[PDB]
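Here, aficamten is shown bound to Myosin-7.
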Amino acid sequence: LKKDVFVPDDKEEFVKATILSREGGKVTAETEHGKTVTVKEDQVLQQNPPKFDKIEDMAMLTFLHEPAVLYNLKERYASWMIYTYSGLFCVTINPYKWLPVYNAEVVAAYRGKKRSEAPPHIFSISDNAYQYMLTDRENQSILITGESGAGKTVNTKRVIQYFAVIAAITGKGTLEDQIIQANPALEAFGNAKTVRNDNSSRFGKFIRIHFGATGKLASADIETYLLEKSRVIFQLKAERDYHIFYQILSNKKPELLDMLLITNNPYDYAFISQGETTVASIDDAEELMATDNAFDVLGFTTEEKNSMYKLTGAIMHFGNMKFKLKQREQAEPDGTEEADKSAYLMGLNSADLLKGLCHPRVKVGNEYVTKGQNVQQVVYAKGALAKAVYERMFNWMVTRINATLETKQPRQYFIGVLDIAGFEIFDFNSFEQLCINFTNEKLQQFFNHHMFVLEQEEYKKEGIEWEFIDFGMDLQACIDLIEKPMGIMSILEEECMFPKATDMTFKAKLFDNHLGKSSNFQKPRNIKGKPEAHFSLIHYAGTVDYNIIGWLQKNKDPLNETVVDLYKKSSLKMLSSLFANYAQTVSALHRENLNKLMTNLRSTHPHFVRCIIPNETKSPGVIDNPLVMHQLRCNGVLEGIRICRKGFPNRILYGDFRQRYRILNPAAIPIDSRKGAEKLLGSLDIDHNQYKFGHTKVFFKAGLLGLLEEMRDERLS
Ligand SMILES: Nc1ncnc2c1ncn2[C@@H]1O[C@H](COP(=O)(O)OP(=O)(O)O)[C@@H](O)[C@H]1O
Ligand SMILES: CCc1nc(-c2ccc3c(c2)CC[C@H]3NC(=O)c2cnn(C)c2)no1
Ligand code: VO4
Ligand SMILES: [Mg+2]
C-alpha cells in the first residue's frame, strides 16, 4: 500500500514504517521497531511491492532510492543470495562463509546463458564477457572493486575457476590445473594478515586469460604491481609478515626447518615477529602443503623450490644480525653466527658480507674508498637488502609462473581480471596506503568515466535527444592533486633529487603548495593515544591521515651496492639471477603502471563487480547499515542504476539489427538497413517510445531488447 514506506534513522540510515496520518507537510508513522515518528513529506520514500522482493536486477524496481537498494540487498543477503545486478553492473556482499554456489554443476549450467536467464553470479559476469569477446571480436576486462576485505581476490579466483573448469569439460598439470594453482603460490609470498583482512593482497594484479579465434582457452599471464616490501622487515601491532614465514615455521615439513637452520619459533626472528604470529582463521601447516603443492603443479623444480625456501630462511637470519660500535662512529659485527647462517643459504662469504655492510665502497674514478657506517646505517642497509631479495624473489616467481602458463596455442583475444589492493585506513598510514588508496580512487574514476561520461557522450555523438545529467561522480580534483605536476607525487619525486631534503622540507613543500589551495588536501585530525599524522587527503571512500616520515627513502629505495655485487657473484644460481640486471623512483613507477593500465583498459569492454564488506567483525550474515550505505554511496551504485533506467543501455548497428530481427516481420523488409530497421520496428506491437534512432545505431530503453529476443525465440520455434 501507499502506507508502507522508509523513514531516515540515526543508527540504521533508514527503517521501514507504516504511515498512520498526513498533516501540514508532515507524515506520522510507526517504524516496524515500534517507534512512532513524525517526519517531513520529502523524507518519506516508498517501499516497492512484494513482487519486487529479492529482485535479481535493481534497475527493474518501481521506486529507486537508497533504502530500496539497501533493503533489496539486505533481503537477498539474508537468503545467502550474495550477487545482485544493479543495471549493467553487479554488486556482491561478502558472506564470510562457504556457500554451495560455486561447484562444477553450477559452472556448467551458466555456460552460454544470457544474464537474465540465470541468477546473478560471478560465473555469469565471466560467461557474458566471453560471449561479447567472440561476438564483438574484442578484449574484455572484469574490474572488481572494493575496500580491503570486500572479496575482490575471492571473486578474481572464481572468474579464473570458471574458465578453467569450462576448458576441462609446461609443468606437472594441464593449463587449467596450473591457472588454479597460480594464486595459492603468489598468496603465500604476497598476502598477509592486516586488521581488515586475514588474507590481505599486498600487491595488485592483472590476470589476462587468453583465447584463440574460436574461443578455446589458449594461455594466461599475470602482471603484479608494487609488492609491499616494507612488510618483510616491519609489522604494525595487529598485523603479520607474509604467510610463507609462518607456513615454514609450522614444522609441517621438518626437513625445511633443518635445511634453513631455523627454530620452530617465529619470536626468534626479529624481521617477522613485530606484530602478530598466528591467525585463528588460518592453518599455516595445511597452507604450507597447499603452497608446496602449487609449486609442483606449476612445474617448479626441487632446486627452484628449495632456493625460494633457502632465501626465505636467509632473510630470517639476516634480520637477526647484530652490530655494535667499534671501540676508539663506526659499526662492527656483534657476533657472526647469524651472518654465517644467512651467507651459507645465500651462497656468499660471511666475512665479505659483513665487511660490505659495514664498509660500503664509493667509486673515486678507477679507485674506490670505503664509506663509514654507524649501527643505524648498517641496520637500515641490512633491512633494505632483505626487502630487495624478497621482492626480487617474488618477481622471479611471477615470471616463472608466466613461463609455465605460456602454451603452444595461438591467441586472438583475452579477458583481463583486475584485482587491486583495496582501500584501507590504518592507525598509521604511510606511503603504501597513499599508493593503495590512490589506485582505488583511479579505478572508481574509470567507473565514473565509463558509466556517466562516455555513456552520455555516446547519445550525443549518435544524435539521440538527451539532456546531460551531472551525477556528482568525478574524482579528477583528488586524482590531479596526487598525480599531476606540482601534486603530491611530483613534489616527493622532486624532493628526491635534492641531497639536503628532509621529511620536513617535503612536508613544508606539500603545505606551501596545497594547504588552502587544493580542496582535497587538508590538515590532519590527531587524537590522543593514536599516531601522529602530517596531512589528510579527502579520498572518494573517506578522509585518510598520512604520516610522511621516511617517504623520501621509501621513494628512492637506495641499496648497499657492495653487497648487491656479492649477490651477483653468488654460488646460489637464483640469487645471482635475481640481481643479474641490477645497475626510476617508486612513485614514478606507480604513476606509470596506473597510466599504462588505464589506457589499456579503455581498449577493452569493461565489466564491473562491486564488492561490499558487510561489517567490521568478519561476521557471516550481519549488515552494518551505515558501512554498507557508505560503500554504495561512494561507489555510485544508485547513479549507475539511474543512467540504466534514464538512458539507453542497449544499441545495435542498423545492419546487425536488420539481419538478426528481419524474422520478426519479413513482409516489412522484402532498401537501406536504416529504413528497414525503422519500418521493422514501427510494424511490431511494442511501445514505440522504448527505442530511439541514432546516426549508426538503434538505441533501446531497458527491457525492449529482451522482449525482441523472446519474440525471435518464439518465431524460430
Ligand atoms: N564470496 C565469498 N565467499 C566466501 N568467503 C568470502 C567471499 N568473499 C570474501 N570472502 C571472505 O572474505 C575474506 C576477505 O576477502 P578477499 O577476497 O581476500 O578480499 P579483498 O577484496 O581484500 O581481496 C576472505 O578471506 C574470505 O574468508
Ligand atoms: C597499477 C594498478 C595497481 N597498483 C596496485 C597497488 C599499488 C601499491 C600497493 C599495492 C597495490 C599493495 C601494496 C602497495 N605497495 C606500495 O604502496 C609500495 C610502496 N613502496 N613499494 C615498493 C610498494 N594495485 O593495482
Ligand atoms: O585486503 V585486500 O586483498 O583488498 O588488500
Ligand atoms: Mg585481495
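Residues 33-201, 211-369, 371-625, 645-731, 736-782, in that order, are what chain A shows, numbered as in the PDB entry. Counting starts at 1 for both ligands and their atoms, in listed order. Structure determined by X-ray crystallography, 2.3 Å. When reading the values below, keep in mind they use all heavy atoms of this one structure, side chains included, and skip hydrogens, waters and symmetry mates.
Tracing aficamten through the model gives ligand 2. Counting heavy atoms under 4.0 Å, the binding site of aficamten (ligand 2) comprises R243, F244, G245, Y266, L267, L268, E269, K270, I462, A463, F473, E474, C477, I478, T481, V647, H651, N654, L655, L658. Which parts of aficamten (ligand 2) touch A463 is read off a 4.0 Å heavy-atom cut-off, strictly below it: atoms 10 (C), 11 (C), 12 (C), 24 (N). Residue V647 has at least one heavy-atom neighbour below 4.0 Å for each of these atoms of aficamten (ligand 2): 20 (N).
The nearest heavy-atom contact from the protein to atom 24 (N) of aficamten (ligand 2) is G245 CA, 3.1 Å. In this structure, atom 14 (C) of aficamten (ligand 2) lies nearest to the protein heavy atom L267 O, 3.4 Å.
The UniProt annotation of ATP binding in chain A and a heavy-atom cut-off of 4.0 Å around aficamten (ligand 2) together pick out no residue.
Most residues of chain A that touch aficamten (ligand 2) lie in the UniProt domain Myosin motor.
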So what's aficamten (ligand 2) close to, N/O to N/O, under 3.5 Å?
unit_1	atom_1	unit_2	atom_2	d
aficamten (ligand 2)	15 (N)	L267	O	2.9
aficamten (ligand 2)	17 (O)	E474	O	3.2

